[PDB]
Structures are given as structure tokens and as C-alpha cells.
*Asks:* 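Here you go, one structure.
Just so it is clear: chains get the letters A, B, ... in the order the sequence lines come, proteins before strands, and each one is counted from 1. Modified residues: shown as parent amino acid or X; atoms beyond the parent skipped.
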Amino acid sequence: XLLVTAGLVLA
Amino acid sequence: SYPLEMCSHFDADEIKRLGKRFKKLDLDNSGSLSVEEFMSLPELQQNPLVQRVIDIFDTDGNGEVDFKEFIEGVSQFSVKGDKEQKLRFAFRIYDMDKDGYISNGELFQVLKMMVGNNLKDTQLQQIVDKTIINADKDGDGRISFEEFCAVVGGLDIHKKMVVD
Amino acid sequence: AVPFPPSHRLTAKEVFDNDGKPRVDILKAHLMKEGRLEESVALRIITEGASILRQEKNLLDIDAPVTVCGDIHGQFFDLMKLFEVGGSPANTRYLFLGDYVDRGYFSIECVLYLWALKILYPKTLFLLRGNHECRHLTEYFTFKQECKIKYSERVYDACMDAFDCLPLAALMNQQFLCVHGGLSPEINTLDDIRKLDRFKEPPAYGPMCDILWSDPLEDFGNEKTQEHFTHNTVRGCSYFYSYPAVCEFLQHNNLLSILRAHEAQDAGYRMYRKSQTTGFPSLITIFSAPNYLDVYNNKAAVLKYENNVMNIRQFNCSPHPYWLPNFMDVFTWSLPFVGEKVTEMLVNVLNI
Amino acid sequence: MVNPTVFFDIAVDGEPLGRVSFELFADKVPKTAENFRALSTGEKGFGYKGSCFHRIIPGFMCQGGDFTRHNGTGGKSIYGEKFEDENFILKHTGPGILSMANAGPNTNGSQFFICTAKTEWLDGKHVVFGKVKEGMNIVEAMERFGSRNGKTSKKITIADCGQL
Ligand SMILES: [Ca+2]
Ligand SMILES: [Ca+2]
Ligand SMILES: [Ca+2]
Ligand SMILES: [Ca+2]
């Protein structure tokens, strides 16, 4: 999907 | 007395220096590194993979990392390490019971320590499932060091698992 | 407790009955457990329905009672519900305005099913062409890669040829122009659309690109000028038509209203300014993808035009199986995270 | 005090594209603001200068700030590995809003994203702390080198940065 992570990008 | 045998890429000087850091980390000076001793470093209290590394450094399953274990484990990252050795280390981050195979439960457990709660268990499990299905080229319901190698080979993450 | 995907890939016999008719209740169930059909099986469906599509007119002619649908964007399990809401297509006339792929991660499932249903009911169920039915967009978005993970590049190609047979529009109950995008500076009469060659990757300009890509002005209905078209800086192509542009085409063409999808609507639809002549919304937008991209928290909707009553049905999102970006596998996914934290640990351990 | 105005001289493959300034809201989240300020100046020894935007998703946002690993896994605050979530007073209302990227609650390091749209599903989860004061047109330009998987085609760099 549309998330902003640092390490485990999600959907 | 009694020499200490160990297999590593380091020369005598490097074995001495690391021999010093091991003494500094060795709180109770017992000749073996404990988890509480490992966790004594603040930068490590915020790392979901410390216990995995430690159980990987722990070759004789006694819950401590003696000097042979510490050196030989720090050696996997030696710049001098080949490609395979660095995948092997990676492969081990997943194989918990060290039977040489990553299982459905093991892949879940490890992943969860890292993802935590930004994924419902249902979600994590599904993608763990779907990951094992496409990668289980022998149908034994679990990943071999080879199948693992077939999925992560061209990522070149071993080039990053390097320390000095 | 988590259902596990079915290893058996459906057969020709399990999909198509002895009369050649698709067994849609069978199909539909397999697909909800995430299962797949043997490549050929799928390719058959994909090619059978495209033949029916190549045969259909640029501008369809659909008589009420009809249920109009908007973008579906791969959200297979939101489609299964759109059908529980819009009614069994065994007894209902449909019309999807396009965009069944990309964005959602079950784009092929949608396609296979909708294609199988076009075969089964070719004179009731109708599909049009959306911006996302084309090589250029499916390459950028996840459909192509999707196809390759689940099937092959062949299947993806099968689809690409198919999409070229999607009717560019429809004249519903002789009152509405049913398109995906909008109007064209170059499309003034319903006849113009008929003259267009649609069997091709949409051009980067012209009436077909504009059919599929035009958008109404952000201030459509209250624009400060009686200017018709202005280049679409939002899409980056095609145009932004205005309230006047529409009422001029509508009148000249003796039409009541324009019904399009293309843009996401929080309510799952949007009625635009009421035509001075009619008092009916000059333009109607309809979005059928609930909780778009999983974060929009938007409601979905179909449009039901029966007994001279255009009824807007709204529905919410339903549950669907997790999938990492670009159908990634958990090793590729975590290995970078792993290889950094372990590096990080040793680095603090050696700087002791 | 007053709200600091930083800037970024973005460069595409070396070729200068233009400058982007930002108004930091220290009046709301002073700590986070500082963190971004100090990393813009470099005054703590390590900072944004020379780093890139590894993840640019058109119509969504521009993620940058990884000056250690250059892929989204690293970066650190002036305060250590990471620092707590100040507050979620400000919300993502549209383009230009600066906020922190992270890996769960209380994991603000040095990564941040420049919104190019209204991302409300992020409110309450990520810390909003600043906005593009001028150069929005430059940010829009960086969007073109992006893709739906974040990957860029030309290296978008922070050639020079500081306080105004
Ligand atoms: Ca000890
Ligand atoms: Ca031991
Ligand atoms: Ca095991
Ligand atoms: Ca296997």
C-alpha cells in the first residue's frame, strides 16, 4: 500500500 | 595452559585485539560471553536480531559465547569471507533449530521479531506461506540452504555483512 | 487457522462445461482461495472473450435495466461483493467502465472472472476500456509482474491483445454517454467515436487517449470562464473539460448525462452540476474500488438505473489476503534488514 | 524562538536541478525540528549533504535521509540511534508537508518524506514537522524520476544543504 517505513517496506 | 583451537581468517594480531574486546565484554571474567553481558551495550538493546546472532555464534548450545565461538563467528563477516559463507550466515538467521532447513514456523517466528506488529499475524503468515510455496522446489514443506540460495543469490547482501 | 492457497490448478474440464460454457461458481470459488487455472485454461478464457470483444462496436448500445460499475483495480474480493450488491449477472445487465487491473494485487483474478462472465453472458454483461488496459501502464504498475509471478509473460500478452478490443464507450438507454475518462476536443458527435480505430495501444494523444484520459475541471460547474478544454496537468496528458463543454456536447447530441469512472470518489461516486435544461447531473462519476489501495478508507459504489431511477448503491471494503509489494518474497524482503542489524550489532560489539 | 528555514540543493546525476527550502515547525515539535536542522547544517559532524532520495513514489512522496546505508535501512538522529515520537499535533494535509519515516512507533532516525499529495492515512503514525516553503516545483520534478516501487532512474542527490 502507501506506507513510509525504514527497513521493512509494507504494501 | 592448553592451546585453544579455532578456525578463522584472522592472523595472530587480529586474534589478540579481538582477544581484548572479548575481555572488556566479559563482565564476570568467566571466559564466556553471556547475553546479559552482550545486552550491556546500549546500542544492542534496540536490535531485534541480537539473540539470533548470539544463538548462531553459540555453536555448542550452552547459552554462552566462549572465545573460540566469538572469534569464529566474527570471522563469518571477515572481509575475506566468500559469498557462500555470508549466505550461510544469513540462512542461519532463519533456521532456528539448526537442522539445516527453514520451516514454516521458523520463518514466521524470525520474521515476527523484525516486523513486530506492523503486520497482523494473519498477514505475516500468509506471505510466509506464499513465500515457501514458490520456493519449495522439492515439496518438503521447508526451505533448504539451496532453495534459499535460489531466491536470494542475486541480492548480494553478503557484501554488506562485512565488519573490520 | 489461516486458509492456505490450493495447489491444484483448474482444468479445461473443471472450468468449461461440455457445452463450452464457463462454470463461473466453480471458477469463482477456486479464485477466492487464491488458486490458479492451468495456463492454457486461462489463455482460453482470455482469448475467447476478446473475440467477443473485437466483434463489439466502438460505442455499445445498452438498454436499461442496467448496473454500471467503475474501476475495480485488482481488488478481487471487493468485486465478489460488488456482485452481491449489483445482483447476479445471470439476471442483471452490467457495464463496467474500465480499470480492472493494477493497483490491487488480484488484477488477474478479476480479469479471468470478468472475462469468463463475458463469455457466459455476452449479451448482458458489458466491459469497456480503462486507462489501465494498456501495455504502457501495466508495465509501470504491478499487473505485468503480477502475471509473471502467477502465470507467464504469455498470459500477460494474451491480455494485452484482448484489451485492444475493449469498446471505447457506450450509449446507455439512449440518454447517457458511458465512458471511462471523458470528452474529446475532437469528439463532437456520437458518430466521431464510431469512426475511431480502437484496436491499438492507446495513442499518446487524440480522441481515444482523450476518451480514456480526460478529466473534468477541479472547479467543473463553477469555472470562471466559458473555455472548453485545457490540458490535463493532473494526468499530464489529455484534457480537463468544463461544465459548458459538456452541456454543448450533451445538447448537440440530445443526451441526458455522461457517466464515467477514472477518478476516485470518497463516497464511491460524484454527481456534477445539474444541466440547466434537464435539472439532472450533467456528469456522473462512479468508483467501485472500496478502501482504495487499502488506505483511502473510501466507500465503493455501483449505479443502478432501473424504472427511470438511477440508484446509487454503496458498499464498503471486504477482507483479502496479504501480499508484500511487487509480490515480493519474505527473504528478499527481510535480508536487507537482517544484513544491517547484524552488521550493526557486531560493529557496536567490536567498538567496545 | 523562531522557526528555522533550511534548504536543499538537489542534483540529478550531478546536474543541479534547483533548491528546496523548508519551514520547520519547532513551535510544535521542537525536538524533531532541531534534529532535521542540525542534520541539514552537518554541525554535529554527520548529515544530509551528499545523500540521496532512495524511494520516490510519484503522486505519493519523496523519501530521503539515509546517509549511512543509502537504501532505507540506516540513518541516525543527533540524539542517538533513534528518538521517541514527539507528537502528532500536525497532520498530513497535502503536498509539501515534511514528516519522518520510521519502522514503527518511536523509531525516528534521520529518514523523512516530502509529501506530494494528501496522505491522511499516515496521521497519528508518523511525525509531521515541516513544510516546503519554496521550490515545490523542484520536488514535482524529482517525482518524474520515480516509480511505483520507489526506485529512481537518475540519482537524486542533496548536493548542498544548510540553514537560511
Ligand atoms: Ca562473562
Ligand atoms: Ca557456546
Ligand atoms: Ca529449522
Ligand atoms: Ca523444500
*Asks:* Which drug molecule has been modeled at chain A?
*Replies:* ciclosporin
*Asks:* Going by the PDB entry, what is the chain that binds ciclosporin with the most atom pairs under 4.5 Å called?
*Replies:*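 The largest share of contacts goes to peptidyl-prolyl CIS-trans isomerase A.
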*Asks:* Find all other chains that place a heavy atom under 4.5 Å from ciclosporin.
*Replies:* B, C, D
*Asks:* List the UniProt domain of chain D that dominates the contacts with ciclosporin.
*Replies:* PPIase cyclophilin-type
*Asks:* Curious: how does the deposit label chain C?
*Replies:*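 The entry calls it calmodulin-dependent calcineurin a subunit, alpha isoform.
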*Asks:* Could you walk me through which residues contact ciclosporin, taking a 4.5 Å heavy-atom cut-off?
*Replies:* B:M114, B:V115, B:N118, B:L119, C:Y105, C:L293, C:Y322, C:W323, C:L324, C:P325, C:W333, C:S334, C:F337, D:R55, D:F60, D:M61, D:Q63, D:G72, D:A101, D:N102, D:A103, D:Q111, D:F113, D:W121, D:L122, D:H126, D:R148
*Asks:* Which residues of ciclosporin would count as touching chain D with a heavy-atom threshold of 4.5 Å?
*Replies:*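 Heavy-atom cut-off 4.5 Å gives A:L2, A:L3, A:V4, A:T5, A:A6, A:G7, A:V9.
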